[PDB]
Amino acid sequence: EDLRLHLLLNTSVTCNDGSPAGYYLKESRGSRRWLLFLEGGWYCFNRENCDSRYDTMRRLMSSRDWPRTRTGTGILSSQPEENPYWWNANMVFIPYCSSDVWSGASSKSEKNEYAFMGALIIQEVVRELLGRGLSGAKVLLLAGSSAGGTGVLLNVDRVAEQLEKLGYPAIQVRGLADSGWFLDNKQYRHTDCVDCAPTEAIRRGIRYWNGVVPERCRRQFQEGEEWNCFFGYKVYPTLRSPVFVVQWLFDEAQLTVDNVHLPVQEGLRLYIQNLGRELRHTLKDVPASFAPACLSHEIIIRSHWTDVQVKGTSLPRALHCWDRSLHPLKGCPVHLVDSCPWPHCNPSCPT
Ligand SMILES: *[C@@H]1O[C@H](CO)[C@@H](O)[C@H](O)[C@H]1NC(C)=O
Ligand SMILES: Cn1c(=O)c2[nH]cnc2n(C)c1=O
């Protein structure tokens, strides 16, 4: 069950190197549900580090070598055995080729070696899909993993505003942010970084990308402080669209930026326990959430995404309960946050 590539008809909406951006689509003619998924993969923030990414991560900067098809997996699968939640939906995979956490609005020019158009790519995909059946939708779920999950938080309200302005007020826009809820915490060991702390890298990135953030969050933090809006616990309270948050309590990318690697002594034990407690605290007032006590980099487009449970409930079940809640529910919970304090204290964590 493959998704087919469509390069954007507006060829001025581009990947980093000026090649056209695009999307992979599998239609389901009997369905009014649409799932648009944002791929992740870090980011780059100056000429030197973007040049290095162009040599060895070129598919994340260019469409020139993309394949004609991709197979949908996990939440993008059309088989009910693999995807109990939304197997009959129209499926869209949007490749990440802008290196800007889906925030950019800047074209290649005599002054710019690369284009950073992530925010405009999402806009243009939505516009072109309206002529291919999206005009008839009841629900548009904007989902994403890692940098794509942060991209959901930055873009879900702009998609909702775009559809209203275009004359489609009956489409309900919602977000699903997987593995994109980060903390601007103190590192376990400091000055290490690479290239550098995410706060400083993002501050530089916004200027290099001409990056944009949601309007209410922008108005709170004001000029020069837009980097704050890349942090889930700060941007989420400003959003109007419903958003479901999936986040490992001990996410591997969070630990990497914190300079933690892997016989654990007291200082590191306390650091790890405090990180899980802080993450749990930030989710206390997030009513739709799934946060297992695991050390993982695994994401929701993996084939075995159904296996993990919190308090005896899987993620596909929690998402179904969220759908019902948007029509508490007896035996159908939507707020699922582990309370145990060490990775793999939940026996269902990925192996
Ligand atoms: C293509 O997209 C750009 C960026 O959003 C926009 O300014 C331009 O008007 C579009 N071109 C056409 C022909 O729609
Ligand atoms: C690793 N990482 C982060 O640490 C971070 N912090 C804020 N956004 C972030 N993003 C998008 C990210 O990829």
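Residue numbering for chain A follows the PDB entry; the residues present correspond to positions 87-281, 285-351, 355-419, 428-451, in that order. Excluded from the calculations below are hydrogen atoms, water molecules and symmetry mates; all remaining heavy atoms, backbone and side chain alike, are included. This entry, so its header tells us, was determined using X-ray crystallography, 1.2 Å. Order of listing sets the numbers, starting from 1, for every ligand and every atom in it.
- Short version: main partner of ligand 2, named per UniProt, is Palmitoleoyl-protein carboxylesterase NOTUM.
- Among salicylic acid, theophylline, metformin, paracetamol, the molecule seen at ligand 2 is theophylline.
- Remark: minimum distance from atom 1 (C) of theophylline to any protein heavy atom is reached at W128 CZ3, 3.4 Å.
- By heavy-atom distance, the residue among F268, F319, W316 lying nearest atom 5 (C) of theophylline is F268.
- No part of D270 comes within 4.0 Å of theophylline, judged by heavy-atom distances.
- Of all the listed residues (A290, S232, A233, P287), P287 holds the heavy atom that lies closest to atom 4 (O) of theophylline.
- Near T236, meaning under 4.0 Å from any of its heavy atoms, are these atoms of theophylline: 11 (C).
- Checking the UniProt active-site residues of chain A against theophylline, the nearest by heavy atoms (to 1 Å) is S232, 5 Å.
- Atoms of theophylline found under 4.0 Å from any heavy atom of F320, numbered from 1 in the order shown, are 6 (N), 7 (C).
- In this structure, atom 13 (O) of theophylline lies nearest to the protein heavy atom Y129 CE2, 3.8 Å.
- Residues contacting theophylline within 4.0 Å (heavy-atom distance) are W128, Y129, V187, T236, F268, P287, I291, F319, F320.
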